[PDB]
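Penicillin-binding protein 3 bound by carbenicillin (bound form).
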Amino acid sequence: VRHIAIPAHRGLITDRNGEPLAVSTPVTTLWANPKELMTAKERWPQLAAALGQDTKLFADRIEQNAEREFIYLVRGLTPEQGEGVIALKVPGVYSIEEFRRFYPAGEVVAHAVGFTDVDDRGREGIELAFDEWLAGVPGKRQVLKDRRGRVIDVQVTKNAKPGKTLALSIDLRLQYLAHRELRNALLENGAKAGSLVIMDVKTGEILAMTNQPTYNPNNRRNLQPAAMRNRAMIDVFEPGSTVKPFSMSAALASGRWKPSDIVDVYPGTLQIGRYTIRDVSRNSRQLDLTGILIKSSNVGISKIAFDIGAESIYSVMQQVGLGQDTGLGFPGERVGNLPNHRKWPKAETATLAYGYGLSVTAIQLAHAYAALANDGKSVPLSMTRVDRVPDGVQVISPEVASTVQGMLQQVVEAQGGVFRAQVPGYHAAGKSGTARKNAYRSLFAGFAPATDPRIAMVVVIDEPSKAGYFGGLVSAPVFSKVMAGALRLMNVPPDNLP
Ligand SMILES: *C(=O)[C@@H](NC(=O)[C@@H](C(=O)O)c1ccccc1)[C@@H]1N[C@@H](C(=O)O)C(C)(C)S1
Ligand SMILES: [Cl-]
């Protein structure tokens, strides 16, 4: 009297609308009792052939496992193929009906979903993070065996309970769009890597999370580690000039600045001891605060930071979640960091203000822009479909967030701005960036529609290699196309029709 396991059916993963993303499909595995095989040696060659194995090597393996009562022949054949071997009636050959995961969207959502074991245990991404929920509990079968031991099947001791279903926050339609457009952007620019995150400003849901390179989890032969990283969550980078709107939020909240205030940025450089702060465009003197963002003046943002102090900038960044724990619990997710100082020297103050010295994830950057677009209120992040929205936390004053939103709409819409971020039919807001690593990261971060925001988006492209490499040239056009499609796919009313 012994017990054999009764495999449980692992729960289905779907996207937010119910589209299957991970399904456990019936699969047959074959094992043998060598002691029973040792009584039917003349059958071995035909069985070896039916397993695509060499007869002599196969025979060797059963001889050297002769004294054992159990060994695997092969795992995870199709039910019809496993019937082929079962049909040739070899003594001591048995079958086990297991389940095997299939991923219908393949590489399009591989980084979010992850994958399972040969045992159908989650070992990456969502499959790992929600493993206890999805797994269910295997059963126990009471079985009688003779002293060979040939099994000669009594009753179910304990039933199998299937795993529970799970609906992600991801919208597969948005995911496909983002994937295709990020991929196109990568190839066109000779880029090495990239991330794109799309977030629902009002509910905290991650509507799309896509990276390049990626991999097809359905093929065990193409699990190459470098292409398996969910870069949006597990890789960090200096956000660069994409953090300037949060510097600006500190300035406006300080009570010392308004959008119409002027800063003098001539001659487009500022010498701070050994360190020189430099702008790309150096034919400006007086700029207002909206102008500082539109032209992305480093000198301008540094002078404001000197006036208000680094501490005020650090707290806005901390509050919005940059370099902080997101609390999602995605496997291998990084926290990043905001630097700290007892006393902040000028050079450190300036570099913070325009996005160096700190390290963030793409998901953190998108979460920060989402809170800004949601009138300064940060809704907790979710990877699962949200039906009842949790209470959000006020992180920037509504009034300040509104002003900064307007300024950002101007960076997209005014002359001298990131016109390639413009979304046909809609008002859009955002900020470009280009950070060093002569290697660069091209960036665009933003949200839309400007009159009542719905979606925040970050596009991060690593090391473009074709002439133009600024965030406004490389990443902005991706924001434009993906945002255009996402908006209409979500049936959001156009707010900039003529
Ligand atoms: C923010 O990213 C800023 N970048 C730089 O000032 C500058 C640097 O970090 O050394 C730089 C990087 C790459 C190429 C040129 C200069 C400003 N914002 C950028 C943007 O909006 O994309 C720039 C390039 C306009 S400068
Ligand atoms: Cl970290």
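Residues take their numbers from the sequence shown, with the count starting at 1. One-based numbering, in listed order, for ligands and for the atoms of each. Determination method: X-ray crystallography, 2.3 Å. All values below come from the heavy atoms of this structure, side chains included, with hydrogens, waters and symmetry mates left out.
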| query | Where exactly can carbenicillin (bound form) be seen in this structure? | reply | ligand 1
| field | carbenicillin (bound form): binding-site residues, heavy-atom cut-off 4.0 Å | value | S241, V280, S296, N298, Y356, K431, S432, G433, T434, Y440, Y469, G471
| query | So is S432 polar-close to carbenicillin (bound form), meaning N/O to N/O under 3.5 Å? | reply | yes
| query | What residue and atom sit at the other end of any covalent bond from carbenicillin (bound form)? | reply | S241 OG
| query | Has carbenicillin (bound form) got any nitrogen or oxygen that is less than 3.5 angstrom from a nitrogen or oxygen of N298? | reply | yes
| query | Does an N or O anywhere in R436 fall below 3.5 Å from an N or O of carbenicillin (bound form)? | reply | no
| task | For atom 8 (C) of carbenicillin (bound form), grab the closest protein heavy atom and report residue, atom and distance to one decimal in Å. | result | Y356 OH, 3.5 Å
| Is any N or O atom of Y354, backbone or side chain, closer than 3.5 Å to an N or O atom of carbenicillin (bound form)? | no
| said: I want to know if carbenicillin (bound form) touches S241 in the polar sense, i.e. an N/O pair below 3.5 angstrom. | reply: yes
| N/O of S296 under 3.5 Å from N/O of carbenicillin (bound form), yes or no? | yes
For a distance cut-off of 3.5 Å, show me each N or O of carbenicillin (bound form) paired with any protein N or O, plus the separation.
{"residue": "carbenicillin (bound form)", "atom": "2 (O)", "partner": "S241", "partner atom": "N", "Å": "3.3"}
{"residue": "carbenicillin (bound form)", "atom": "2 (O)", "partner": "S241", "partner atom": "OG", "Å": "2.4"}
{"residue": "carbenicillin (bound form)", "atom": "2 (O)", "partner": "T434", "partner atom": "N", "Å": "3.1"}
{"residue": "carbenicillin (bound form)", "atom": "2 (O)", "partner": "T434", "partner atom": "O", "Å": "2.9"}
{"residue": "carbenicillin (bound form)", "atom": "4 (N)", "partner": "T434", "partner atom": "O", "Å": "3.3"}
{"residue": "carbenicillin (bound form)", "atom": "6 (O)", "partner": "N298", "partner atom": "ND2", "Å": "2.6"}
{"residue": "carbenicillin (bound form)", "atom": "9 (O)", "partner": "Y356", "partner atom": "OH", "Å": "2.4"}
{"residue": "carbenicillin (bound form)", "atom": "18 (N)", "partner": "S241", "partner atom": "OG", "Å": "3.1"}
{"residue": "carbenicillin (bound form)", "atom": "18 (N)", "partner": "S296", "partner atom": "OG", "Å": "3.1"}
{"residue": "carbenicillin (bound form)", "atom": "21 (O)", "partner": "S432", "partner atom": "OG", "Å": "2.7"}
{"residue": "carbenicillin (bound form)", "atom": "22 (O)", "partner": "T434", "partner atom": "N", "Å": "3.4"}
{"residue": "carbenicillin (bound form)", "atom": "22 (O)", "partner": "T434", "partner atom": "OG1", "Å": "2.8"}

